[PDB]
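Report on the structure given below.
Chains are designated A, B, ... according to the position of each sequence line. Sequence positions for chain A are given in the PDB entry numbering; the residues included correspond to 10-125, in order. Sequence positions for chain B are given in the PDB entry numbering; the residues included correspond to 10-123, in order. Chain C is numbered as in the PDB entry; shown residues: 10-123, in order. In order, the residues displayed for chain D correspond to 10-125 in the PDB entry numbering, which applies throughout. So this one's X-ray crystallography, 1.5 Å, going by the header. For ligands, and for the atoms within them, numbers begin at 1 and follow the listed sequence.
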Amino acid sequence: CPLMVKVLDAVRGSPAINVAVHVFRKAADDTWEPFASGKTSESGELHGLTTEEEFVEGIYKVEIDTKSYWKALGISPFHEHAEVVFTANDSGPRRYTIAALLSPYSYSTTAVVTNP
Amino acid sequence: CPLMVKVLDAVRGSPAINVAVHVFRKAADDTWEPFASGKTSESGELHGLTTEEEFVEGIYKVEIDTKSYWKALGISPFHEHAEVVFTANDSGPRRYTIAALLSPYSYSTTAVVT
Amino acid sequence: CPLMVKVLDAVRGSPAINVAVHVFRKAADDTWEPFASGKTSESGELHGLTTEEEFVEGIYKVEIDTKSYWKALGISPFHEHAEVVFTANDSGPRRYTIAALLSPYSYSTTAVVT
Amino acid sequence: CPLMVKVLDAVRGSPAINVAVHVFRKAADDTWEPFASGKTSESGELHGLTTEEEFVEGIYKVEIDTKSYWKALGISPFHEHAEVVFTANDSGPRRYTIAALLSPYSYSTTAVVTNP
Ligand SMILES: O=C(Nc1ccc(Oc2ccc(Cl)cc2)c(Cl)c1)c1cc(I)cc(I)c1O
Ligand SMILES: O=C(Nc1ccc(Oc2ccc(Cl)cc2)c(Cl)c1)c1cc(I)cc(I)c1O
Ligand code: NA
Ligand code: NA
Ligand code: NA
Ligand code: NA
C-alpha cells in the first residue's frame, strides 16, 4: 500500500465516510490518465488504491470529491473538489499518505512521505 | 498597531464577527495578567489592541472565545476557546498579525511577523 | 475587485511574495482556458485579476505555483502547485477572497465570500 | 484508550516524533491539575495516556510542546506550545483523537470524537 488517503470532517469531528477519491497519472502526452479510484471507509481511510509494482515514478493527481460529500449532508460547499498534485518516487519508491481536512469553505491537505 | 488579530469562519466562508478576544501577558509569578481585550469587527479584524510603547518583550496569550461564536450560530463546538501563546518583542519591537481559521471541531492559527 | 488571492508562508511567518498565480475558467469542451494571471505583492496579495463585468458564472481554477516559491527558498516541496477549484457567480456576481497558507508538505485554502 | 494524540510535521512531511504532550484537568478550584503526560512515538502517535475509568467528565487541556520540537531541529518557532482545551464526556463517555499539524509559524488542530 504505497498510496493511502485519509479524509476528516472538521464540522462534525468525524472521519469523512464514503468520499469518492480519483487518482490520475500524467501521461507522455501531458494528459491525466486514470490511475485508480475508491471511496473512504467508515474510518475515513482509503486503502488498496495501488501496488508497489503499479505505482511508478510520475506526476499524480488525487481528486477528492468534497462537493458530493457536503451536498449529501445538506450543505452547499465552496470547492468543486480538493486536489493534490505531486511528483512521486523521484528518488526511489516511497509510501505516501495524503490527509485532507474538510470544511464547507476550506480544506487543508498534508502529506507524510516515508521510505520503506 | 503592533498586534492585530483576524478571525475567519470556515463553515460560512466569512469573517468571524463579534468574536471576543482577550490578550494576557505572563507575569513574574507565572500567572496570566490581562493585557488587552476587544471583539472582532465586521471584517473579522481586531485593531488597536496595544501600542509600541506598551508591547514589550514577554510571553503573550491570545484567547479567542470560539465557543461563544459557534453557540451564537446554533452550532455545537469542540473547543472551549482557541489560545495562541507566543514570545513577542524578545529582540525588540515587532509587528504581529495572529490569524485564526475556525471550524466547529478544528482551528488553525498562523502568525505573520513583519 | 471581485476576485482576490492572498498567500501566506507558514515556515517563515510572512506573506508569500512573488508567487505566480494563474486563473482559468472551465469552457464548454471541459478544458481550462486562461482567464487571469499575476504574482503576489510584498503583502502576499494579488489584486486586479478581473472585473465584475468579466467575472461571470462558471467553474474557476486558481493555480498557485507553490513549487517555484519553495525552490526559490532552497526548500524541497511536496506539491507541484496548489489548485483551488470552485463555482463562482452562479447566483450573480459575488466578491471572493481565496487565501492559501503554505508549508512544504501541506497547504490550506479558505474562501471568504462577502 | 479514550484519549489519543497524533502530531505531524508539515515542513518535513513526517510524523512529529518525541514530542512532549501534557494533559491537565480543571479542578474544583479552577486550577489546572496535572492529569497525564507522554511523548509521541515514531509514528507521531501518543497512546495510553488514560483509561475509561480515569477519564471522567471535565474540562481538559492538552499542551503539545512544539517549541522544544522545533528547537531540536534548529528552528526558532513562533508559538510556545500548541494547546487544545475542551469539555469531555458531557453526554457520556466518548473517545477523543486530537491531531495537530505543525509548522514553525502555524499550527492546526482537529478532534475526532467517537461514541464507543
Ligand atoms: O490525520 C491523520 N491521522 C489521523 C488518524 C485518526 C484520527 O482520528 C480518528 C479517530 C477515529 C476514527 Cl473512526 C477516524 C479518525 C485523526 Cl483525528 C487523525 C494522519 C494524517 C497524515 I498526512 C498521515 C497519517 I500516517 C495520519 O494518521
Ligand atoms: O488571512 C489574512 N488576511 C485575510 C484578509 C482578507 C481576507 O478575506 C476577507 C475578505 C473580506 C472580509 Cl470582510 C474579510 C476577509 C482573508 Cl480570507 C484573509 C491574513 C493573515 C495573516 I497571519 C496576516 C495577514 I497581514 C493577513 O491578511
Ligand atoms: Na530520479
Ligand atoms: Na533577546
Ligand atoms: Na443559479
Ligand atoms: Na451531562
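Per PDB records, the drug at ligand 1 is named rafoxanide. Bound to rafoxanide (ligand 1) with the largest number of contacts is the chain that UniProt calls Transthyretin. At a heavy-atom cut-off of 4.0 Å, the other chains in contact with rafoxanide (ligand 1) are listed as A, D.
At the top of the distance list for atom 11 (C) of rafoxanide (ligand 1), counting protein heavy atoms only, stands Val121(D) CG1, 3.7 Å. Protein heavy atom nearest atom 24 (C) of rafoxanide (ligand 1), with residue, atom name and distance: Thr106(A) CG2, 3.8 Å. Near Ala108(A), the atoms of rafoxanide (ligand 1) lying under 4.0 angstrom from a non-hydrogen atom of the residue are 20 (C), 21 (C), 22 (I).
Looking only at protein heavy atoms, the nearest one to atom 19 (C) of rafoxanide (ligand 1) is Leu17(D) CD1, 4.0 Å. For atom 13 (Cl) of rafoxanide (ligand 1), the closest non-hydrogen atom on the protein side is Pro24(A) CG, 3.8 Å. Some N or O of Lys15(D) is nearer than 3.5 Å to an N or O of rafoxanide (ligand 1), by distance alone.
With hydrogens left out, the protein atom closest to atom 14 (C) of rafoxanide (ligand 1) is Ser52(A) O, 3.6 Å, a heavy atom. Close contacts of rafoxanide (ligand 1) with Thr119(A), meaning ligand atoms under 4.0 Å from a residue heavy atom, involve 22 (I).
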For rafoxanide (ligand 1), what N or O to protein N or O distances fall under 3.5 Å?
| from | atom 1 | to | atom 2 | distance (Å) |
| --- | --- | --- | --- | --- |
| rafoxanide (ligand 1) | 27 (O) | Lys15(D) | NZ | 2.9 |

